[PDB]
Structures are given as structure tokens and as C-alpha cells.
J.: 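A single structure is presented below for examination.
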Amino acid sequence: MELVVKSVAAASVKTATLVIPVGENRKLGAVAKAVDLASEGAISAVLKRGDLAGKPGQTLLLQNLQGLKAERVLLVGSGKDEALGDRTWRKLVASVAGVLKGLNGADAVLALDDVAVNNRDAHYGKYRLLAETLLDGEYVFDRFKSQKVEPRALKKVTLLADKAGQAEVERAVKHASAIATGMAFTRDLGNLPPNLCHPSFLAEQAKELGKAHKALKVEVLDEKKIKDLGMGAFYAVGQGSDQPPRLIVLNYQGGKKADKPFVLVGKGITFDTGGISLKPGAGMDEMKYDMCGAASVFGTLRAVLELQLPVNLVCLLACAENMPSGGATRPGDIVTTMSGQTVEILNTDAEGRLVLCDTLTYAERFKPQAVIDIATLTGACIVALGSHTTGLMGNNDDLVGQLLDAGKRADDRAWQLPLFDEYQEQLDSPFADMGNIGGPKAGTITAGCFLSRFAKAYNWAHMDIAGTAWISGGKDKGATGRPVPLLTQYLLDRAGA
Amino acid sequence: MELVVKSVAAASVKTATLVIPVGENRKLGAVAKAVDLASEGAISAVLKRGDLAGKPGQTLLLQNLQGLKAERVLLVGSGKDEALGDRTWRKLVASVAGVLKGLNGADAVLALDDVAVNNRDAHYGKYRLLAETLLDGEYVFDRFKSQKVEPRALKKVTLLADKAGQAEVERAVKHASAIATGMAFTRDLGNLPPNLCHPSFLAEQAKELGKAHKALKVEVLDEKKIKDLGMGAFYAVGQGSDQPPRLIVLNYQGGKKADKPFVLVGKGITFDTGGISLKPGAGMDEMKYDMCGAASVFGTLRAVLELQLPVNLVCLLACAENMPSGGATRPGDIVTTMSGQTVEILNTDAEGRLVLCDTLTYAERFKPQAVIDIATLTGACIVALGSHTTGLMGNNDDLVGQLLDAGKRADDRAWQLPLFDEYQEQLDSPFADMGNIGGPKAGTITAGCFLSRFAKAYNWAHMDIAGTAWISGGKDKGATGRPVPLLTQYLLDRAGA
Amino acid sequence: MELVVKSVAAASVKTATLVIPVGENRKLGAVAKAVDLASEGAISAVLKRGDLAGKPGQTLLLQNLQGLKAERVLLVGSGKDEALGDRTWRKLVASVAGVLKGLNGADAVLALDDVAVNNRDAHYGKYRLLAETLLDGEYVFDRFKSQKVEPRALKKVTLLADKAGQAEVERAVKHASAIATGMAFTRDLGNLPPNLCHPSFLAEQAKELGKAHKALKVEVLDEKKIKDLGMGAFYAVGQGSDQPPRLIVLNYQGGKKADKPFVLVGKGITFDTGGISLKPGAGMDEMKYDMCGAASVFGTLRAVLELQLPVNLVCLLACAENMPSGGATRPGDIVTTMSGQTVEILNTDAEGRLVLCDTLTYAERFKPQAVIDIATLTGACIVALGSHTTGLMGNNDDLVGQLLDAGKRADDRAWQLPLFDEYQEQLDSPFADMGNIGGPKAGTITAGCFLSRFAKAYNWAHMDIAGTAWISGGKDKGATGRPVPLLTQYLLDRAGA
Ligand SMILES: CC(C)C[C@H](NC(=O)[C@@H](O)[C@H](N)Cc1ccccc1)C(=O)O
Ligand SMILES: CC(C)C[C@H](NC(=O)[C@@H](O)[C@H](N)Cc1ccccc1)C(=O)O
Ligand SMILES: CC(C)C[C@H](NC(=O)[C@@H](O)[C@H](N)Cc1ccccc1)C(=O)O
Ligand SMILES: [K+]
Ligand SMILES: [K+]
Ligand SMILES: [K+]
Ligand SMILES: [Mn+2]
Ligand SMILES: [Mn+2]
Ligand SMILES: [Mn+2]
Ligand SMILES: [Zn+2]
Ligand SMILES: [Zn+2]
Ligand SMILES: [Zn+2]
């Protein structure tokens, strides 16, 4: 979809559908009032009949009105006078998009300048949310359908704002477009089934990306290299499968050569059966999303490439497929990690932290200013924070604060959990330097504690996206693309953009 | 056992054991009375003592009686002066057989003409049930025992009937003998353990059968052929095992060249672990019977060959072994079926419908007049219809009705369940054309619905024999041979025999 | 909502909203075409723009059109030019009703004569389904909401038909209105929470209904009466609770004095905890619907009273509340039923068949021509037939067939399951005449088998509505009102109405 910004009057714009807001009690703001006046009162005449109560997202669609250049006018409810919260604003926009998707109009004009959004400026923050919702809402994954989604008529949307706000709306659209393009890439990789989307496939995706971008260099480390580097934990996860593991490095040099890089580490478990500690059958298909950490790193990188941010960004994708077999890791195996710390693998279904720990040690070589790991790590995080909020831990309160602030401004929120030293003992092993599980109490936190033992060389944060990375059921089952908005926001903030 | 029919007087017949019926209140029918008189009232005299109440299947065994040529007389209770139901009649016969098997007599004569069986003619229907119970009751599967069953003395049974009915009893014996010989083959294949009875073994069985019979042509399609035909669902089931899959085609051309064939499709999962969606351990051994669909097709074919029915019969055995491994199918995999329809494999333990759907597409080439699939498909069918009655679904009312009627006449009953369109949606997938599971509601029906999407080219029915194909425990644990009687009866009906 | 029928031309009717169908490819039937012409081609002109593809239930709403007397015109998609199935037709009607409910129009005119419905005549069967969907869709249960549903503007719908069809449409409306009114009563009783809706409450409801209807006499039997009649199974169920049981008799004498009555027996377990055989907590709230058998009998009676059918109808509501306590029935208890047959209560959560068996014996006194029990009886029925189809068993083929045919014509379908004698032994007890459970195989059937032992005196059928009586979750959670349509249709059939 093409998304552009103009400052012309709403009544003057030639379009298939003009969209304007209407409050409860048929209350029209200055923009809608001017459109009503151009229609010689036709809009307020229809509103007087009472079909539209004006609750947020309710709609009334009109056809050709004399005095207007729009072929259709869509009235959308904006609710009571009170400013809208983020969720209500995004639902309003999605309601609009749903109607437009079903029409045979080639373009539409949104004239929603009068709608106030709580704690967001009328031009940048408000439109960041609208644009991302509109563009991400175009997403289709019909690759495996014999009957394809018939393409939609809607090819273009124009946002109307005042002259003074136009540049800021354009900046919101630029940023939202990069984020939505990155999210589409994330969502495609998440939604791909695990018989196709395995570690070698992700390596090929990375190599393709490297060829397409001059400032990107890609290196792929195979199973032998992982083993030779001393990555005993990463190797142990992957060995059970016929699909070998891959550590994928994507190095974007957008900053000055001397600038310390930001490192994103993504968990790329392409399918998590649990291994010998096998999962139950119910809902196991959703473990194709266990590479959503790696997918979100791909999508964040793709947003960064689109924006050409002037930062050095090193992406490390720790990819393996966790399968039961006659050569799989067993509960009770002890391995030596790249750091030299030994790990007793008490449960082979706590495998993400194993590929991550070795990759955290690998990251030391880049001499980073921040290392953020993203992983669908714990069912415990869904118990703690549910579907709405990513769990966040780290070893630097300034980094943790920056990620929280980015998630608030991006409306892709996270929430800090503590890594108090008292939780560490839960990982104690009588045999090895640590075990890989902490028991049934504080599961999200003990997984963060385990990772923290490998992150002492740098400023580090860990994002547990087990609850935010996909929707489990209903019509909308599938990858969400989170946390691409938070991560991209954090990088925009570090770039000063 | 040799089973013959004669029309001589019971008192006159030289035999190790003469069997005659006695009612309650010591009441003797015409046949029994004649034997009593020949015995000089000896039988009445013993009855007066009251040891035999005459309830169905009760017995009293006499030794040499003056005036008879029989060495022993077995009296068997026939109940009150009303006709017996099928179950009571078959139990009476089994009771008699159990006594004879324990004796050292080389033959026996059954003189049970006076016993009425409800809704069964005195010559054909009555003796179809008797002869099949007698012959199937001889079944022994002692090949894995170090101590073999002491072979039995009983080598021959003669059924006495009146002259007028002799040919119809002979026709019942001909048909029952073919059915029982088919059932023995089915039972042996089901009872064989899965380390021996794998898809390659079944292929060798088919090849051996092909060499033994001129009107039979056998082709075996291996794993690469299955893959190269585009059978993505069948291939997915078999990949996880070290034993590769086989699609076995047995083509019997007994009809006219231009007569459309009847196609039988059998599920041949030689062991069902569930795969990655692994089953619980308890009772898993009974999943060696997950090839009883394919076994019943082999047994029906053996009966048809014995009878030389004048029909074209194509048998398709879809054989694979469902194992967990590092190369097995995962929940969430999406495959392209031979038909081009895509399937999301949400649960790798819903595997029978996957090998079946591709085999249903394969069956289109034969331009059949009926396609019947037989499969141990759903635990839900045991919840719905239990151990007694096979679940039946289809896309043609006439075919379904023919199979029901065959089951009633063969005393191997089925019962229809509806494939209403409302159940289809339970198979919807957001990614593929369908998923392979429908959830906890209507599981037998949604499996039928899944298969129906591959059967639209022809008249089709599906038989879920999960409850009727074997007995789980007790002294009689093992394959039953069902539904060989129903299927054979259906083909006798189509042949006009 | 008032529902009336007229034979005036669609373009001529003064109304807030005129509803007409449009096919795919903008194809207009005779009625829609005549409206288009009166609108001076306005409707064709809007359709040419392509916003409405015409798939069943899609909508496009127009405002005031020159040449018409309708204030609004709703175009509704009717699909390709083939007849619609029942489900598609009812979903089309619900789509229309949804739009109308959100408008501020006091009335609407449905001009849907053009639309063909498969296997149902243009006037009676087609409009039975439309009228019931429209009227049942008006249902609101907001008693426990602090914020009430806003009263809807829509008060009247007019159906247009040709003069020749008017009588038959009016008959359909009369019957659908009775059915919908009965369903609303059923749904209210089902949706009441169990702290309010207990057996004494249902007894009050029945007494109040008796006072309002001349031809209705109501008797209520309390716990002591149930005990004193020798109803040891019914008494055993209710004894654990602080709410005592009630057996409610509602006798409608609408037939000739010497006509044998139809008896409906409803399970009225107002809450089923399982008792000492306690249920799991998950979903237990839905056991407030365990009196939906009884609720559907009240609803059917309400429909019969509205229609004044000329039949004698005796309703027996077997009401109890199944609770654990220090005085509750135990697994292993043996009780003497009213019939004198003893029952070993192996599981106290098989309680509905216990209150039903004693009520089936009580029904003998009426010398009925048919006895139908309706009960939310088995989870196994949901496994067998899911949410779409009621399970049906019986001891009379004619009665079973009549109920099946009623279900088809009412679009409230049932499906027969067999009560073969082989399933009876599953109920054997070493101690009593029978146990109340048959094990994990054929649960729906063994429950019907249990009941059949109490129904030998008369023609009897059993409806297991465990899957059809309510919706478990989502926006539409709550009672369905089924099987009031099937039961009312059966009584219409017996009355000759
Ligand atoms: C063994 C445990 C300590 C850890 C275990 N974690 C895992 O299995 C992770 O690898 C899972 N990928 C976490 C998960 C499970 C379900 C939904 C979303 C995310 C878990 O159950 O949380
Ligand atoms: C995963 C489910 C949708 C289907 C699943 N079906 C199976 O596993 C079939 O392959 C089984 N072969 C069915 C079965 C299980 C136990 C006894 C007899 C038959 C079942 O549990 O019924
Ligand atoms: C103990 C078993 C033989 C019978 C048991 N039946 C019951 O508990 C019935 O009283 C329940 N009212 C049946 C039920 C359970 C869940 C949803 C709908 C209907 C059941 O589990 O089906
Ligand atoms: K994936
Ligand atoms: K076997
Ligand atoms: K209730
Ligand atoms: Mn895991
Ligand atoms: Mn299986
Ligand atoms: Mn219960
Ligand atoms: Zn994982
Ligand atoms: Zn199976
Ligand atoms: Zn109950």
C-alpha cells in the first residue's frame, strides 16, 4: 500500500473514499464540520436519523454526495470527547481499514486530524500508530492456500494534516513503513512451517539479504564450527536432529568504524519438540514460532536497512531444531560451554537458554555497547505477563530503561522483572557449574539468571517474548511481528532519528 | 476342519459324537425325538434326572448308547420354544465347538435342524452363522509359543439337513469357508508383532499372493515412488521410521473387461507410536493392530479369490510405520497432497488419514464404481459405537445402504454417522487448505470429513474399525477378522452370488 | 418484534429499510430488478462500482433513493444462481438482522422472495427458518448486567410474498413465533445461575404457568413424595444437596379425552457437581445447563400452549441438584428403583439417568402413546455427534423415525444410535440388577441402554442433548433453546398442523 500525506482540505480531494470522524451525540469537529458544510448539510442530515451512535470504530458509509469530490464518505465513530487511548485509536484505524478492504475503491483519504490520542502529539506519535496499524493490517500469508486472497482494490491511502504538521506525519509514515516491512518479514518467517523453515533455510535467507545490501556482511557458522569453537551447549541442543544447527552472523556497518556496535541475539529454534524431555502433543504446532526471536532480529535488521540508520548493528541468530532421537542429548548430560562454564542439562526442553548462552559468549568479540537477546523462552512469562507485555531483564538499568521507554513510545510494551541474586541458587548443580533449570518458582527470572552468567562482559538485556510473539488461536492465529517495533524504536533512539 | 453336509437320519450316522438340541422342560424337537426313540428312550430317561435345564448352550455329554451308531451324544440346550437371536445362536455353536475340541473324537455330526433362528432362513442364513463360528473358532496363533497347542483330534464336522435344504446349506458352507479362511489371514497379519510385520513384509505377502493366483496382478510402490507421485501426506507419515512405507496394489480382474472395479483401500500403519505427538505407554502394544484395515482387505481378497467372484476388485494397501526420530514429521508441518490440496499436520498421531488421503487420490485412475476405505482410525469411534459396531460414513447413500445391509446379513454390523457440512469447518487452518484434526468434538466424523475431501470423484464410503478389529484383553485378546464378513458379503451381493 | 406478511410491491412500501437480495455478478432477480427500475437505475449504478460481490450475507446499505418510499435500502448477497442450503440461508437472515439491529429504524421490509432454499417450498419451509432465526435472534439475557442493552429501534418486520403464498408464509410465522417464544423461555431457564435456578424455583415456574392456562394442570411432588413412591434412584441423586428435589407434572389436555398422551420427560439437574464422584473444576460452570432437558420441555409446552394444539401432553420434569456432602450418595450404594429393579450407583456423576429411570416408571400411569426423554446426558455424545446433531435412541422405530423427520424439517437435527443387545452387558453388576455405568466404550449408547430397561411398557425415545443444548464459550456462550424446534415440530406433526 502507498501511504502519503497532504495538507489540502478534505472536501477538495478527489478520492474513492473520504473518511472522517464523528463523536457521540453526532458531534463533529472542525474538519468534519467543513466537510458537512461542503455537502450542504447532507452528512449532518443523515446523522440526525440516528444510525451512528459514534462509539469508537462504529461506521456509516455514504455514497456520492453533491458538493464533495469523494465518491464515498465513511463516517467513523470517535467516541466521547475524551482523548483516545492507544488501543482504542488503533482499533478505530483497524475498523476503518476493514471497511476499506471490502470496497472496490483504489484509494482512500483519512481526514482524522481532530481525533486526540492520549499522551501522543498530533503529528508524530499519533500517526506512528495509525500508519503501522494500516500497513501491518495489509499482511497476507496465503503461500500454502490453493485458493488465494483476491488482491484488494485499495492501493493508496492519503493522510490529511495541517501544513505545520505535515513533515512530522511524513516522518511517522517513514518510520512506520520500515517497521511494518520488518514485521512482515518476521511474520513470514514465524508462520512458515518447520519442515521448510529450518536452520539451513534461515542461513539461506541471511545470505540472500547479504547479497542485497552493500553495508551488510553475512557469515554462517555450521555445526562443525559451533562444536570447534567450544559451544558445547549450543551443539547439544542441535545434535538430535537431522537438520543441523547454524549460527548466523549479520553485520551491518552503518556507523563510524570506531562506534561500538549494538548486538541483537535471537533464539532460532525452528521447532521445539522438547527433545528427550518431550513436550505434550496438544498445541505443539505452535512451537514453529520458537524461532520468533531470530525472526524479530531479521525484521529489526530489515527496518534498519530501510532507514539506513547510522549505527553498527551485529545480529546473531542461534538456530537449531530440537528433536528426540537415538543420538539426542539426554537429561543429566554435562557439557562445556564456550565460556568454559559447565552446564548440567537437566531438561532438554530448556534448550533456548543453551543456544543463547554460547552465542552470548560469541558476542564478546564485537566489543559491544549493548547486547540484547530476544527469545520465546518461558511458558512462565505467559503466566507472569500474558499476551500483552514482553518480559524484560538485564544487567544494566540504563539499557533496561531505554528498552522500556522505547516500548512505551512504540506501543510494543515490555516490563522489567528482577534478577535478584537470591534466585541464582535455584540453578545450582552438585556436579557442574550450573544446571539449566531452576524449578517451578520464578521460571522467567531463573532463565534470565542463567543467561546473565554469560553476559558479564557487557551491558546486556534479555527479552522473553513467549507471550507476545504469536497469537495461539482464532481467525488471527499467527506471528505478531513483536517485538520489531520496540527494537526498531530503541535503535532509532540510539541513532537520534 | 473339513465341513460337509448330509441328509441322512441322525440315529443312522456313524460318528464319534452326535450333537442334538434339547429345549427347556426336556422338550425334544422332531430330530432329537427320533434319536431318543432309536436310543430306546435312553435320552429321555437321562433328561428326566434334570441335569440339563436346556438353557441355550448348556450341555450334557453321553457315552455309547444302545440303538445308536454314534460313540457319544452331546445334548445342547436350545432354550424355550421361541427362535434364537444371532448372538444366542452363535454362542450355542461356540459352546458345542468348545466341548468337541476337548474330546478325542476325529469327527462330529451336528443335527441342529430344529433350532429356529430369528429372521434367518433354515438353510442359508442360519448355517452361514454356524459355519463361520465353527471354522473361525478353530483359529490358533501359536507360532511364538515354545509349547504348541496340542493338535486337536476333531478333523471333520458333518451338518445334517433335510434333502430339500441341502444345497442351500452347502452354499452357506462354501461362503462361510471363504470368509473364515480370509479372516484367518487377516487375524494372522494383525496378530504378528510389529518388528516382523512392517510395510516391506506386507509387500512380500502381496507378492506371494500374486504368484499364487492367475487373475491377480500385484504392484508395489516404494518410498521414492510415493514421493515422486506427489503423495506428500503419505510420505510425511512414513519418514520418521527406519522401515520405509509401501503402497501395495492388488488387482483382481474377475469381471468383464469394461465393468468398473470396486476399490478397497486399507490403512496399513504397521505400528502407530503417534510419532512426535507420541502416544502414552499404556496399551501401546495394541497399535500393532493399526494395520487391520489393510489386513481386512487382504482377507477379503483371499475370500474373493476362493470364491472366484466375477467382479473387478482393486486393493490398495497404504502401509507405513509411524515412529519418532530426528527426521520425523513435526506438528505444524505443511505438506502438498497428491491432489494438490495442502494439509497442515497439527498432530502427527492423526496419521492414518494422511496415508489414506493420498491413496484415495491414487484410486481415481481405476474409474471405480465404489471406493471403500477401512481403517482403525479414531478412538472416538470406540466412544461412539464401542466394540460391537463398525462406524460407517460416505458420500453416496446407495453405497452406504449396501454396506449396512451386507453387515446385517453377515452379522458383522456397521452403523452410519453423518458427514454434515457443519462439521467441515472444524478442519479449517489459517495457513493450509485444511488441518488434519478437528478438535475434541465429533472426532470420528471429522476424520470422515477430512477423507471426504479426497473422494469427490467417485462413490465412496469409509469404515472406522478402531472398535471392531481387535479384542484388547482377556483370554481372547487379539485380532477379530472384522470386517471381512461385511466386505465379503457386500462383494457377494454385487456379484449376485 | 412484530412479524407480518404483505403482498404489496416492494417499491411501493413505506418503510425505514427495504431489504432486497443481489446475486453474484450484480445479478438481480425479479423483485430486486423492479426495485432497481423504480429507483431509476440507482441500484444497478451503485452495484456497477463493485463494492458488493454478492456472496451470501454480504451487505451494502443505501440511503434515500429517488423513486422509492423506503428511507434506506439494504442489499444483501445471495450468492450464485443456485438454491441455498439451510445454513447459508439462516446465516443470510442473521446477517440482515444484525444490520437492522444497529440502525435507528422502527421497521423493515424483507423482500426476499427471489431467494431459493434447497428442499423447501417458497412459502412455508423457507419462512419457518427465516422467521425463527429473526425472532430467536432478538433474544437478550441482561438481567445480571448493570449496564443494560439499549432497547432497539426495530419493532416490526414485514415479509413480502405473492398473494398466493401469503397464507403459507403466515402459517410459517405463526409456528416460528411459537417456537421462538418457547426457545426464549428455555434459554432464560438454562442461562439462570444455579444459585437461583434450583428445583424449587422450577416448581414455582411450573405452578405459575399452570395458573395462566386453562387447559393446564400442574402437580409438584416433593422429596418425601419421591421417596414414598419408592423412587430410590431419584432420591439418591438429590439427597446430598441442601435444595431438595422436585418431580414436576404439567398436564395439558388439548386432545380428546380418550386420546393417549404424548409424554415428555426432562432431566432437570439444576447443577451437576458430580457429587462424591466430583467433576474437575475446569468448565464446571456449564453444568448450570444440566437442566436444559427440563428447560426444553417447558419451552415446548409454552409453544404448544401458544398454538393450542389438539393433543394431550404430559410433561414430567425430574429436578435435583447433585452436590457433595456428608449425607450424599456414595459410589457403591445400591438403591431400589420405583420399578423394583435395583441399581448399583458406581459413579455418582451418572446421575441424570438415575432421576430419569424413576420418572420413566412414573410415566406408565398416563398410558402414553409416546414417551420422549430429553437430557444433557453424556460427554460421549459430544465425542460422537459434536455440537450440531442431537443423539437419538429408542425402542420403537416408528417413533424414532418421526423424531428424525421432525428434526430435518425443523432444521434441529438428530441422529439415531443403536441400542443393540450386545451393549447391555456393559451394565452388569455382581450385586444389583444393573450398575449405572458401562465403562469407557459406547457411553451414549450404554446410558440409553440403562434407560431402556425402564421404558418397556410403551413406545419410547431418548434424546441426548449434551452437545446441542448450549454453546460453551465465545461471544455466543449460553443456552441454544434446542431441541424445542424438533419437539414442537414433532407435536405439530402428530396434531396434523
Ligand atoms: C523446562 C522449563 C524450565 C522451560 C520450558 N521452556 C521451553 O520449553 C521453551 O523452550 C519454550 N519455547 C517456551 C514456550 C512454551 C510454550 C509457549 C511459548 C513458549 C517451559 O515449560 O517454560
Ligand atoms: C490425534 C487424533 C485426532 C486421532 C487419534 N487417532 C489415532 O491415533 C489413530 O491413528 C489410532 N490408530 C486410533 C486408535 C487409538 C486407540 C485404539 C484404537 C484406534 C485418536 O486419539 O483417536
Ligand atoms: C460418569 C459417566 C458415565 C457419565 C458422565 N455424564 C455426566 O456427568 C452427565 O451427568 C453430564 N451432565 C454430561 C455432560 C458433561 C459435560 C458436558 C455436557 C454434558 C460423563 O462423563 O459423560
Ligand atoms: K516458523
Ligand atoms: K500386526
Ligand atoms: K440454569
Ligand atoms: Mn523448550
Ligand atoms: Mn495415530
Ligand atoms: Mn453427571
Ligand atoms: Zn524453546
Ligand atoms: Zn493409527
Ligand atoms: Zn448431569
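Order of the sequence lines sets the chain letters (A, B, ...), proteins ahead of strands, with each chain counted from 1. Partial entry shown, contacts counted within. Atoms within a ligand are numbered from 1 in the order they appear, just like the ligands themselves. Method of determination (from the header): X-ray crystallography, 1.5 Å. The figures here come from the full heavy-atom set of this structure, side chains too, leaving out hydrogens, waters and symmetry mates.
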J.: Okay, my options are tenidap, Bestatin, morphine. Which one is at ligand 2?
T.: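 The right pick is Bestatin.
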J.: Mind checking which chain Bestatin (ligand 2) touches most? I'd like its name from UniProt.
T.: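 Main binding partner here: Cytosol aminopeptidase.
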J.: Within the structure, which other chains come under 4.0 Å from Bestatin (ligand 2) at some heavy atom?
T.: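 By heavy atom, the other chains are B.
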J.: Output the list of atoms in Bestatin (ligand 2) that are nearer than 4.0 Å to some heavy atom of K267(B), sorted by atom number.
T.: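 So the atoms of Bestatin (ligand 2) that pass are 9 (C), 10 (O), 12 (N).
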J.: At less than 4.0 angstrom from any non-hydrogen atom of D290(B), what atoms of Bestatin (ligand 2) do you find?
T.: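 Checking each atom against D290(B), I get 12 (N).
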J.: For atom 16 (C) of Bestatin (ligand 2), tell me which residue out of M287(B), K279(B), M284(B) has the closest non-hydrogen atom.
T.: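 It is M287(B) whose heavy atom sits nearest to atom 16 (C) of Bestatin (ligand 2).
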J.: Identify the protein heavy atom lying closest to atom 7 (C) of Bestatin (ligand 2), giving its residue, its atom name and the separation to 0.1 Å.
T.: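 Going by distance alone, atom 7 (C) of Bestatin (ligand 2) is nearest to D349(B) O, 3.2 Å.
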J.: Looking only at protein heavy atoms, identify the closest one to atom 10 (O) of Bestatin (ligand 2) and say how far it is in Å.
T.: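 Result: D272(B) OD2, 2.9 Å.
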J.: With nothing but distance in play, are any N or O atoms of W470(B) less than 3.5 Å from an N or O of Bestatin (ligand 2)?
T.: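 Looking only at distances, the answer is no, because the N/O contact criterion of under 3.5 Å is not met.
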J.: Which residues of chain B does UniProt mark as Mn(2+)-binding that also come under 4.0 Å from Bestatin (ligand 2) by heavy-atom distance?
T.: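 Heavy atoms under 4.0 Å from Bestatin (ligand 2), UniProt residues: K267(B), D272(B), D290(B), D349(B), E351(B).
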J.: Suppose I only count heavy atoms of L377(B) and a 4.0 Å limit; which atoms of Bestatin (ligand 2) are within that range?
T.: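 Under 4.0 Å from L377(B), Bestatin (ligand 2) has these atoms: 6 (N), 7 (C), 9 (C), 11 (C), 13 (C).
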J.: Can you report which non-hydrogen protein atom sits closest to atom 14 (C) of Bestatin (ligand 2), along with the distance?
T.: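 The answer is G379(B) N, 4.0 Å.
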J.: Could you check which residue UniProt calls active site in chain B sits nearest to Bestatin (ligand 2), and how many Å separate the closest heavy atoms?
T.: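 Of the UniProt active-site residues, the closest to Bestatin (ligand 2) by heavy atoms is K279(B), 3 Å.
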J.: Which other ligands or ions approach Bestatin (ligand 2) to under 4.0 Å?
T.: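 Closer than 4.0 Å to Bestatin (ligand 2) are ligand 8 (manganese (II) ion), ligand 11 (zinc ion).
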J.: Any atoms of Bestatin (ligand 2) less than 4.0 Å from a non-hydrogen atom of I437(B)? List them with their elements.
T.: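 Listed by number with element, the hits are 3 (C).
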J.: Number the atoms of Bestatin (ligand 2) from 1 as they appear, then name those within less than 4.0 Å of a heavy atom of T376(B), with their elements.
T.: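 Those of Bestatin (ligand 2) that fall under 4.0 Å from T376(B) are 11 (C), 12 (N), 13 (C).
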J.: Pull out every atom of Bestatin (ligand 2) sitting under 4.0 Å from any heavy atom of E351(B), numbered as shown with elements.
T.: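 Within the 4.0 Å cut-off of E351(B), Bestatin (ligand 2) contributes 10 (O).
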J.: Can you name the atoms of Bestatin (ligand 2), numbered from 1 with element, that are less than 4.0 Å from a heavy atom of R353(B)?
T.: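 Atoms satisfying the 4.0 Å criterion: 3 (C), 4 (C).
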J.: Would a 4.0 Å cut-off, counted as strictly less than, catch a protein heavy atom around atom 21 (O) of Bestatin (ligand 2)?
T.: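 No, because not a single protein heavy atom sits under 4.0 Å from atom 21 (O) of Bestatin (ligand 2).
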J.: Looking at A466(B), which atoms of Bestatin (ligand 2) are within less than 4.0 Å of one of its heavy atoms?
T.: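 The atoms of Bestatin (ligand 2) under 4.0 Å from a heavy atom of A466(B) are 18 (C), 19 (C).
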J.: Okay, next thing: residues with a heavy atom within 4.0 Å of Bestatin (ligand 2) - which are they?
T.: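 The heavy-atom cut-off picks out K267(B), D272(B), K279(B), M287(B), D290(B), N347(B), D349(B), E351(B), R353(B), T376(B), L377(B), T378(B), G379(B), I382(B), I437(B), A466(B), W470(B).
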